[PDB]
Asks: 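Okay, here's the structure I mentioned, the one with S-pomalidomide.
Letters A, B, ... label the chains, following the sequence lines from first to last. Here the PDB entry sets the residue numbers for chain A, with the shown residues being 72-125, 133-173, 178-213, 220-367, 371-427 in order. Residue numbering for chain B follows the PDB entry, covering 381-434 in order. Residue numbering for chain C follows the PDB entry; the residues present correspond to positions 2-392, 709-772, 783-981, 984-1012, 1023-1112, 1126-1139, in that order. All heavy atoms count here, side chains included; hydrogens, waters and symmetry mates do not. Ligands are counted one by one from 1 in listed order, and the atoms in each one are counted from 1 as well.
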Amino acid sequence: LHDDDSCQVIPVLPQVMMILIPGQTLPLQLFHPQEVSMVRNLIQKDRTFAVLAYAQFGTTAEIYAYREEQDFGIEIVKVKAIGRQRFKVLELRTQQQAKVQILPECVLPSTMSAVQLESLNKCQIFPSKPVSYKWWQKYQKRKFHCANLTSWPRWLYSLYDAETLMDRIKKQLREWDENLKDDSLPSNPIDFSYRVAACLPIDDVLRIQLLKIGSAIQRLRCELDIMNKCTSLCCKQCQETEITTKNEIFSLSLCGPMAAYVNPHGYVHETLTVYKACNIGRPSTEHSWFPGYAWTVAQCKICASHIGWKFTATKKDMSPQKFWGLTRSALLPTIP
Amino acid sequence: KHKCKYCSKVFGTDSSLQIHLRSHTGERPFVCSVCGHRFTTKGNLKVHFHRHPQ
Amino acid sequence: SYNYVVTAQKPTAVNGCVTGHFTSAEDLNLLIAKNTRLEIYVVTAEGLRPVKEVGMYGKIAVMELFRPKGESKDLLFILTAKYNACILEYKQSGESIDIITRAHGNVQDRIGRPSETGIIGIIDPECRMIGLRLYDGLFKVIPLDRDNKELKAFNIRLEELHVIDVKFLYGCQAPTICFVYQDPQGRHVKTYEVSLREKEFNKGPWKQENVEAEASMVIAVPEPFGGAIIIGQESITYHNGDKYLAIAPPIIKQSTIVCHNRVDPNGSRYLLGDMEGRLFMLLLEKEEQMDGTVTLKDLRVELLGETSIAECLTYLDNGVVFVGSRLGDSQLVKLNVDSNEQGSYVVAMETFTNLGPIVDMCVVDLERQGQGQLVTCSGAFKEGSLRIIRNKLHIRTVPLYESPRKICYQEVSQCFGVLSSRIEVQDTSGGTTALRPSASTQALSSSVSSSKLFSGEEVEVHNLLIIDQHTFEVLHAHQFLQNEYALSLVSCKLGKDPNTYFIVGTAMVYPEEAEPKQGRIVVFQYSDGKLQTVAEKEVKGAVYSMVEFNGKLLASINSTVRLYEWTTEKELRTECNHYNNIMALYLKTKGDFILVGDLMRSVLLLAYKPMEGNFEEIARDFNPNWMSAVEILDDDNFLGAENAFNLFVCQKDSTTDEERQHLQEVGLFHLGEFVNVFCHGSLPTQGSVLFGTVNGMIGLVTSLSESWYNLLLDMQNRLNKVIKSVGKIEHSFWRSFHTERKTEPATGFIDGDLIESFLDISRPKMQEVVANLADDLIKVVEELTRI
Ligand SMILES: Nc1cccc2c1C(=O)N([C@H]1CCC(=O)NC1=O)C2=O
Ligand SMILES: [Zn+2]
Ligand SMILES: [Zn+2]
Ligand SMILES: [Zn+2]
């Protein structure tokens, strides 16, 4: 990690084209010797490189995986990385070691940290949650009782409390993912926010905004603003033709409803899995990202831009069969 | 160099290149290096490929 | 710009109270903490005799008296929220009363996470050490030897993170702490011994595996019995090694105990106050044993009576118990051996004016005198009251017995419109029975809004009260819809119609709905001795704030800032909306401007163009931090209170589209109070705005020229070179902008309380400060004193 609000210079990979969320995996595939040379020195010194977002902000990444597939007389290096701290660029100079100013995380005490009665301070710790809709009222009443000392009520203060918001987000992620109830979601809100920013099918301009947000409380609200209003996902190159909606979002396996995958040639594709959608080829199985499924290309019916893939296979009564996979980069969320 | 002109695979020598070239051929060889689209002529691939995240 | 803040009314709410022998070894002193104010008394046969009052540079959080061996009298220890520690002695040279500081030091650690149950300060029985629970897992220790003048401390690690309350144990071979803590297994009580040589913990006399789920209080029972008492939700327990006792009194199942006090040093009688003002006596039935030993047979709790919602308690003498309160009036009460006709053993001896919590105010001069009064909302639950302050300060009181939310002044009817919130409970019959008759139920005329437009636990019911400005009587009480919550209220003119109207902004709070999806903006008319339903508009959200924007009703529905138009058909039409990304909670205007803000310091300056007929964003300045209130100084500057207890002042820049759209912050000041509402008015300089806080303090904020600002800022640095402080605390450190992590020196503000302390200083120091810069300064201070 880097000192908060410090200025360091970090190498940048020119092949990367993604906007990196902290706590998100960055698959790679490197052919040219210039990129491969950079990965080597990183594991020796800091193991950190920059992933510029498009050129104002970005995220640093740490190398955590490193394979070597010397095949057909050429060395194909397979590296995975995870995002660290956000930043704002100072000056890039392809010699591209970029001058970088680290952006610190803005943490805030509870809304009642100043209006809490010293007599009621000892009653601020609760017995652990039973694993209900009745319990959460007691949480609001007990922790926000001291809102009567202020001009604002209890229910309003709940919509700025990390724990209150974080549960409502988890409630929706249980519809998308049937296997998302345990320790799969960090307890710390600053990390919980970043984890949903990657897990959300949203275009790039939204992803940059959620990176510029300083407080996780704001980020959590912004992430909930998106999850409640944008029920529709459309095509970005024609806009007014809606492809699929939130109600069909499915999670095929453990890695959530949206996971990063790589094509045989080295191109990252974050494919959201759904059940049906509206608006090229025959079932092929080579390099099938989902074992037991055969991929088929799909495009839009107004602009003919790439939308994603449809996976269909036989086996037996394998669940599911008719399910799609749309790439994030070619999706635009809209408000129905 | 020494790169394939269908699946866009890169090889170190021109020998292993021509060893691979006579393997796609099926009245639709030009495969998109991003979405696996099947094209007939190189003029089709050059357009669609640049209509893709790049 | 540069501003000037001065305290108009000292804080009234009491957050601390302890007995002891501070002034004279034989006198019985009652020390009282009113936030930043320390009141010293002497307990006479009648009541309290004022002795001294001092102001510390820091909100007092921990206050304890202790008498080390070989000391004239008891000494005082005070720890602030800024982690300022000090030892205080009394010194009376004939008639000059002085409070010298024997030792002073700051104990803030660079690292550390403030604990969930706040700061806890405890002192060893034998005055050997001072334990301070500042952060989770860290136990700071100040050793009590008379060579520790700087209070250098050493920390110890605590394997327990979620500790609730901790006391020093009584009657032990070594300084022993006892505390209740929580781990995933449950809630436990554990003890440690404290070694000063090893500077670590040793094994504790005992350890009890389990305790009550919501155990909150730890009381150290003195030498006669020993051990410690643990009070929780419905169980009171006693622990001391092999000795264990537990009781489940049904009389304390209704509420939760939050404050206590020891009556006699024997520990046999204990006072217990809860959250609803109730008073309890905890009795330790000691059994005289056959060989000079004394055991403990049973435990008992009896209902004494009912006081003001108690923050702290303290028995004085002859049944006189001081009841300190943060919501209602501090009380001195007498206890009676005999149960009166009702059942209470308590009769009110005295009352102390407590303005806090001030949740709303409005500047008026009902006498038409051209001077300025102040009618505020005060208290909560039964402690609800209005307090009219004049000019000392004449503080009237109008008990309401329920929570006053909002207030405004109407003049065409010469009355006041007041929003109120009373708490009710579900009965088996199927109603919402009230706890006590209050201003809502005890009114002359009732009015339940029917509307029907949207067709045993606590439930809130909001009401609108009309109160004549002379008798302050309950004229009319309007009951809003079942499950409706009123938010804002204003009295103004609707453009051309001379009819003055009462307008209330409401919501529709349900537990299943986390966001407000409905609401109402209701207009009312009080003239014919009754309230009139002058049409209500159905919106789709909460109506947080409302302002009169020149003949047009400005409303805020969630994020949509929206102008409403009073039509000639006695109804409201939507003119134009300025949609926003943040929740439009705050809303203030200044002619044609609009100042929108949310709970997270998101200042957003709009501008209404009359020819365009719509609002247009002019600037913004987001800086995520908890904002309590915000007001408009003038067309350029803006003022608000944020974070802990600070005050900020942003303004507009002096060529770029991105630089004229970035509001620059210029004023940073740590006021010391939590400001809930600003109000314009008063009771050279320009602009007079007053504010009401939770601790009852009222202060005035005014502007200054650059000449006076540069001069007053020069005086402040010189003033703090002769003026003696209480705990030897630098003033700049106290006024510095303090959050929970950010710590920056103050700038853009001038402390009026420090300026008006030049008149109370002597001549040798009056002329020492003004050197290289006497009557000239007197004239300046005199003029400012009028504010
Ligand atoms: N066989 C080819 C050939 C070229 C490009 C791609 C594939 C291919 O399979 N995928 C994806 C999508 C389909 C899939 O299941 N896995 C992949 O790696 C490509 O982008
Ligand atoms: Zn399209
Ligand atoms: Zn090929
Ligand atoms: Zn393609």
Asks: I need every copy of S-pomalidomide for my figure - which ligands or chains are they?
Replies: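 All copies together: ligand 1.
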Asks: Which chain accounts for the largest share of heavy-atom contacts with S-pomalidomide (ligand 1), under its name in UniProt?
Replies: Protein cereblon
Asks: Note the other chains with a heavy atom under 4.0 Å from S-pomalidomide (ligand 1), by letter.
Replies: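 Going by non-hydrogen atoms, A, B.
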Asks: I'm curious whether S-pomalidomide (ligand 1) gets near the natural ligand site - which UniProt Zn(2+)-binding residues in chain A have a heavy atom within 4.0 Å of it?
Replies: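 In chain A, UniProt binders with a non-hydrogen atom that close: none.
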Asks: In the entry's source annotation, what organism is given for chain A?
Replies: Homo sapiens
Asks: Filter the residues UniProt lists as binding (S)-thalidomide in chain A to those having a heavy atom under 4.0 Å from S-pomalidomide (ligand 1).
Replies: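 By heavy-atom distance, the UniProt-listed hits: A:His378, A:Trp380, A:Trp386.
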Asks: Specify how the entry names chain B.
Replies: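 In the entry it goes by Sal-like protein 4.
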Asks: What is the UniProt domain of chain A where most residues contacting S-pomalidomide (ligand 1) are found?
Replies: cult
Asks: Which residues of the other chains approach S-pomalidomide (ligand 1) to under 4.0 Å (heavy-atom distance)?
Replies: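 Sure - by heavy atoms, that gives A:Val350, A:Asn351, A:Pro352, A:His353, A:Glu377, A:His378, A:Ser379, A:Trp380, A:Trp386, A:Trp400, A:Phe402, B:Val411, B:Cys412, B:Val414, B:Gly416.
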